[PDB]
Amino acid sequence: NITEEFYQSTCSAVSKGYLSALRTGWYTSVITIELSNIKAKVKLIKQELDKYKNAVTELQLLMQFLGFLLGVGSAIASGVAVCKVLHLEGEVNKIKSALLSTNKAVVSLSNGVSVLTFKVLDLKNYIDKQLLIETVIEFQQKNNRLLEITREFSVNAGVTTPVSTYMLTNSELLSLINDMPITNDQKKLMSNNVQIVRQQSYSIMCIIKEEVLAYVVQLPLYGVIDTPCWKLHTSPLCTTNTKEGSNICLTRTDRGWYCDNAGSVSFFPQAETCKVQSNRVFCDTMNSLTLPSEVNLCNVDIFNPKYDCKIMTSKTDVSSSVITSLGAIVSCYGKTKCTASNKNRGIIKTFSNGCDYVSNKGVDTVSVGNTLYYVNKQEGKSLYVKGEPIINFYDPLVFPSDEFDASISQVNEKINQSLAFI
Amino acid sequence: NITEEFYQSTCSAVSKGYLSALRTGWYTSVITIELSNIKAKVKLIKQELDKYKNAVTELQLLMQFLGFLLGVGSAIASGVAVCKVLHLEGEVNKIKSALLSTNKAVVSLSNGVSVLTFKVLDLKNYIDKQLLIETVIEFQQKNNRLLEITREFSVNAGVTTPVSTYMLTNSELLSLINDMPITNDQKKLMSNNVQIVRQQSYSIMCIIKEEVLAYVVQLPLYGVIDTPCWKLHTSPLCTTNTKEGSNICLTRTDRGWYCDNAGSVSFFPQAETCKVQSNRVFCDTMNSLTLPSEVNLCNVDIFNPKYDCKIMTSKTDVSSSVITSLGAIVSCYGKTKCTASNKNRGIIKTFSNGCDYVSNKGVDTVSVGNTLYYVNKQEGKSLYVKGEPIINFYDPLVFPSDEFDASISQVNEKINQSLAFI
Amino acid sequence: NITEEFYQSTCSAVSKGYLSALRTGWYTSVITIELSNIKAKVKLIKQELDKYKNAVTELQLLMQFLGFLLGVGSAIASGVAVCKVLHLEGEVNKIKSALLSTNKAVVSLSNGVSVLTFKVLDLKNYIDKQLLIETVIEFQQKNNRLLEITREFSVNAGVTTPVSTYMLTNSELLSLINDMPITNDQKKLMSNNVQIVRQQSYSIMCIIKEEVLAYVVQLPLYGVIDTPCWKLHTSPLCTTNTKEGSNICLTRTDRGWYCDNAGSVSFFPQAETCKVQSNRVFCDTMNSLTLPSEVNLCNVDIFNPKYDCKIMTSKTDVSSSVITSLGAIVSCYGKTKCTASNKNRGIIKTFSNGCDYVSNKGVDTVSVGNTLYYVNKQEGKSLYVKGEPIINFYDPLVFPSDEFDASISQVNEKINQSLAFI
Ligand SMILES: O=C(c1cccnc1)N1CCN2C(=O)c3ccncc3[C@@]12c1ccc(Cl)cc1
């Protein structure tokens, strides 16, 4: 299921076996709260009603390495577009109308957007009936929900994420998912991962008008599902000569998540925009580059003539470890002490100067200098691919050593150039 | 009102029409909570009083591209300076004294700071009266506020932001703003944008002593208001030759917010330190550089002899889009599919290799590779300024291609140098 | 106690006098909540019981400059390893068993991990007794705690930090610390800084099975305590020639926290991974490099032959200030206005072009351009170390000016090279 290959020649490892779930688009729903325009166990409701009035008062005052290659989006542009529609005249009344005999209804907005509208709290109907037994309790439980939505919007300037359980309860989110217009695969994936959906959603406050509070919930559309994904971990590969500062180093800069998508590979350079759940990888295509699938060739052979593998160079031989999915890459240089230990037995391997790797089978921790790393202890097979470390192929006298946005061919050109002068 | 110019020659766009609101300084107020030193409907207050004692117990245990050019400040240095004063002897008693007959009072501290002090909760007076009818309810509502302030300080190590509605209610914040010593313009701007004020404020726990809990609220001073602001969006400008990796690229690195300020331009390289509300731009001068106004000349003519426009160079021709205020810049290179669509009609434009631009009029989404971008759908006019793309002016054989902290003149010097050798 | 030296020659300052508290490892405890499997003042408990059932329902659906040199760890790898054990059969029942006659017990898990288990809420025993007077109140207070833990896990995908006061109360955290297996020094340091401990902890949801909710709390182990620490502040050092863009600049890139640790120095390049409490510095060794102690020699003499001091170079002479522990470094260049003021007296010093420094004694604010900086007003002595600014030692005609990952020797080599050609 989950497997891993370490490449000794380029000091990198590839974890495969994952399945994708990529946010490719947004769904926008309009959540509504109908409000009231009002001015022994009684005095309980007295303050509960002052709380209500203030919440409305408060709401109305309110409504007055390679990541640099990414483009720049506007995350809530679609949601805010729907908000601007809800300010047109009659547009709020059109909604209030549709949600008259039911909580859930689909409405066609004037600019031609079909949206799932949803009345999750009907305070108006509640207040203008009872407040004009358990009815004290239920008012507090619904009022408290109103106060919390109010709290959230007024410390986040009307835009919140993840969408809290007060903005949209589980039972509400689940049925919203079900009433959505998506495939059965998408419905199940969202239903079985609602905490992730919550984290990739936005809650946007739109309007208070005509006794209605309206906010858009902006939900993720996963248009790519169950394609193969793999994570690339890289570490500095340096020479290990004796005289200090006479060493040269080289790191693959294309680390991150890689997912097959529509004939290409989606690449996510900041592997923190992606959230892994078991063997499923939730990513957002806004944080990706679209590369040719040939990019995968860089792991097998970094000198392949089909794709120009990206690297940076330096003279900075510092030690560090990279904790992978199924093991640990260790770059030990200079006088650093680098080890790996079993939980009960102690040190089992001492690393030499160079870049090496150890799997999580039998290993619980790795130490580099004064830094303790615990390794992920998930089941999976690791393969160690022996190979000559490519930094040995370069003459230090003509090596370009501050290249960052570089590649194999750019380094080869700089070398060929400075070598020709000689 | 909001307008936009795209510059085809340098692959950048400028959105203008915004008005500034820059945090230039801090106001520090001392919020107080008077506490009590104490050891049928009755048993309600019993646990409500145990909650109180613990909160106090708990509080006392508690009280035992170009962003790298920015300097480094200490955000709460002014607030903490006031805290250190409140530990001097008599200094707390001086406050307790002033707030004896009113909730709001201005006190002169011994080190010569005139501060707006504010007793927002008087538990002492409440407890040592009633707890020695609705009085169970009001105790819970004030106690709950105490527990929440306690919660916040003890997960944020005594420093919180944005300042929550428990630290300072709307009604309290509003009158605090009104009793403040600032201009009527500043008062209105803060009153009409209290959620933004909250986000730019700090809450700093100072002391528990002599039955008083004291925290400083650190509020923003907007010393620059209603000056013109404009946002600069830039994208990679590359050549589009057929043989891959034979292309050269160039990006303007001075993207961010620009605001006229006191004869100069304040420049905010990380356009996320700035929050836009309609056409108003809230920035913080701590995250800015002060540039000559001549920096604006880089948009009209990037080769102007008055200011040295900053760029970076590469060989990395990857596709990406930049979503602007009123449209979209698209950098399409290689085999990438780049389009723009109308919401109901589908693809309306297919982009060629190069850097191009489309406005948000008639356009709802832009696609680059596997990445869908929604465009901002705000009203405004866009102007497309036709011009020869400057990367065509360079000979690829003598082009410096890993420059990051570069500029037009630095690139010209490197070229002139390597050309002279030839 | 806290002291500071500014080095005029390299435009940097060192704040010393701090004591370390480094997170070197993790302790993992298993917090449990025993649940119930169930289907006048009465109707209070009715909804309180529906809340309970849902929380369980909801939980079960749920359970279906130099920072780039750092390695990459997996912060909760140890905690999650314990979670995977708690899914083995009998493993939950082994715990439920041990916590039968007490809230606190140490259990040996099957894979040989001795963990402090802790039953912080016994709803089962409570529900299956009473709910089959004040007992309405206590149920609400314990139920509310259950709902909040539920809230937190379901917006954070089961992993929370800082560990909230609902996950683990103060009284619980304190005794957990006391029952822990650590030194008396560690116990006192944690007890006296529980808000910091909270911030460096993780709460990981593990399992619902056999009427038990289990989450791991992952607590910090401070294996290095009371070693000397010092912070290095650096600023751009530029020449100040008249013709613009004819100037060369140089910045020490090794700014951050430095702490003596086990014969070496732990270096924290991102001085925000470290939290200072008075004169104590809480760091995490995962965000550090292990350097030779000789790295300290770079402050006294940057040209020392024992360690190769790291720098970057540019032509970008922009003004900025760096607020230190006890003063302010100012880099004033070009036409920028740079001053320092006393709180009541006004401007007291106007800075010249160059890099200069002023202490916090008599000084309250510093101004660079349109940017106001407040200085830290803590007691301590500053020493100004006069010295020739090293950028004057370089010939601008052969100066390498886009070096970022550079050093004194690398710059000297580039110079020696381009000078030999001449
Ligand atoms: O980060 C900096 C930098 C510079 C000055 C002051 N503070 C930081 N630099 C300059 C050169 N650089 C590296 O060698 C490097 C390595 C890993 N991440 C970022 C960088 C980078 C860089 C960043 C973006 C691009 Cl397009 C190109 C290079």
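Each sequence line gets a chain letter, starting at A and going down the list. Note that chain A is numbered according to the PDB entry, with residues 27-65, 74-98, 137-204, 217-506 shown in order. We number chain B the way the PDB entry does; in order, the residues shown are 27-65, 74-98, 137-204, 217-506. Going by the PDB entry, the residues shown for chain C are 27-65, 74-98, 137-204, 217-506, listed in order. In listed order, ligands and their atoms are each counted from 1. Header entry for method reads X-ray crystallography, 2.8 Å.
- By contact count, the main macromolecule holding ligand 1 here is known in the PDB entry as Fusion glycoprotein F0.
- The PDB lists the drug found at ligand 1 under the name BTA9881.
- Other chains whose heavy atoms approach BTA9881 within less than 4.0 Å: A, B, C.
- The residue-level binding site of BTA9881 (heavy-atom cut-off 4.0 Å) is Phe140(A), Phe488(A), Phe140(B), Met396(B), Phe488(B), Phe137(C), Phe140(C), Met396(C), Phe488(C).
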